[PDB]
Amino acid sequence: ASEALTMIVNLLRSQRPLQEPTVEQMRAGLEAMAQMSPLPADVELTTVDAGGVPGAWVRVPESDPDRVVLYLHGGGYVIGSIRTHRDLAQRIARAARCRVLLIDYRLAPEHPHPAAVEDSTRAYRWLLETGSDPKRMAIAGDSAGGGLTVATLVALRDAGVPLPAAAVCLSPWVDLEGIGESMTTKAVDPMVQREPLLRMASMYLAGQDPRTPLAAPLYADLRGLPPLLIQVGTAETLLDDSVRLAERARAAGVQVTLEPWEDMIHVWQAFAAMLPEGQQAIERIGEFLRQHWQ
Ligand SMILES: COc1ccc2cc([C@@H](C)C(=O)O)ccc2c1
Ligand SMILES: COc1ccc2cc([C@@H](C)C(=O)O)ccc2c1
Ligand SMILES: COc1ccc2cc([C@@H](C)C(=O)O)ccc2c1
Ligand SMILES: COc1ccc2cc([C@@H](C)C(=O)O)ccc2c1
């Protein structure tokens, strides 16, 4: 892997807090980390009300406005914002030559499950309402937002809503009990530890069964989902979330591409400004999306 990978891993290991962070400290910490990736001058961000869910359109000069990704940010269903994920969104808009609708879906512990899935499905329905064509749409997201991408598809399908052309999961989180083999064997992963992840799961579930399918889509019915790209790093505690998801989706007849990136860490694409493999993974997202929009 690139020398940049070892630099990022060493920085993250050195900066991990010595006391369990509060929700406020985690939100502020991620906002601080995301402010170090500055927004290129050619990115246009437009604040919008996505049918009752706050959002921002993200586009670049080469964006085809008829092509839309609904982007669901990560953060354990507890942290993250339009500001934390706007760099990943603009990189995807640029590679996929599309616009991205980034939504500020409701977060736990203030708004437990199923508020996040209510917001993602409402935003998608609003895109169809305002004239977006499912054949030129995709849903994408990272970690919690990768889990929420699968849950959103399941919930739309069950409601009889037309599904988009494709979906993209970046290091998806689909097992809210952390019982994947890698959630032990990969403990090489400086940003996802079992205990804090299960703390975020507890806040999202608010006493609901940790196998509730729209919260933990490892237990959802995935039949009829559109083509799925899963990008995951081999140095991830969530590796076996992506492996188990691919297995389940393929068994349900979904056209799955599982891309395991050797030695990559959790949502390495978020570090694309300085990590070559992060930009290379985002170019591959753009290629996958344009292939399914043809
Ligand atoms: C800047 O470097 C880090 C690295 C890992 C982190 C992990 C957490 C959470 C999951 C935690 O440790 O409870 C928070 C901040 C962090 C900051
Ligand atoms: C326990 O107290 C802390 C101390 C530092 C923290 C830093 C972060 C940021 C930088 C992060 O998310 O990486 C978050 C929570 C934190 C909590
Ligand atoms: C450098 O900029 C970032 C921006 C967002 C990030 C988000 C994550 C996790 C919490 C996520 O997938 O939401 C990690 C690193 C990140 C780095
Ligand atoms: C505490 O650990 C880190 C490590 C790498 C980081 C890289 C970025 C920028 C340059 C990025 O690649 O987007 C920001 C925060 C970071 C925090």
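Chain A is numbered as in the PDB entry; shown residues: 2-188, 190-296, in order. This deposition comes from X-ray crystallography, 1.7 Å. For ligands, and for the atoms within them, numbers begin at 1 and follow the listed sequence.
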**Message:** Could you tell me which macromolecule makes the most contacts with ligand 2 here? Its name in the PDB entry would be great.
**Reply:** EstD11
**Prompt:** What is the identity of the drug or drug candidate at ligand 2?
**Reply:** (R)-naproxen
**Asked** Which other-chain residues have at least one non-hydrogen atom less than 4.0 Å from (R)-naproxen (ligand 2)?
**Response** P18, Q20, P22, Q26, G30, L31, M34
**Asked** Which neighbouring ligands or ions fall closer than 4.0 Å to (R)-naproxen (ligand 2)?
**Response** ligand 1 ((R)-naproxen)
**Prompt:** Which residue supplies the protein heavy atom nearest to atom 5 (C) of (R)-naproxen (ligand 2), what is that atom called, and how far is it?
**Reply:** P18 CB, 4.2 Å
**Request:** Using a distance threshold of 4.0 Å (strictly less than), state whether atom 3 (C) of (R)-naproxen (ligand 2) has a protein heavy-atom neighbour.
**Result:** yes
**Item:** Sub-4.0 Å atoms of (R)-naproxen (ligand 2) with respect to non-hydrogen atoms of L31
**Value:** 12 (O)
**Asked** What organism is named as the source of chain A in the metadata of the entry?
**Response** uncultured bacterium
**Protein heavy-atom partner closest to atom 1 (C) of (R)-naproxen (ligand 2) - residue, atom, separation in Å** = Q20 O, 2.8 Å
**Item:** atom 13 (O) of (R)-naproxen (ligand 2) [closest protein heavy-atom partner, distance rounded to 0.1 Å]
**Value:** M34 CE, 3.4 Å
**Protein contact to atom 17 (C) of (R)-naproxen (ligand 2) [nearest heavy atom, distance to 0.1 Å]** = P22 CB, 3.4 Å
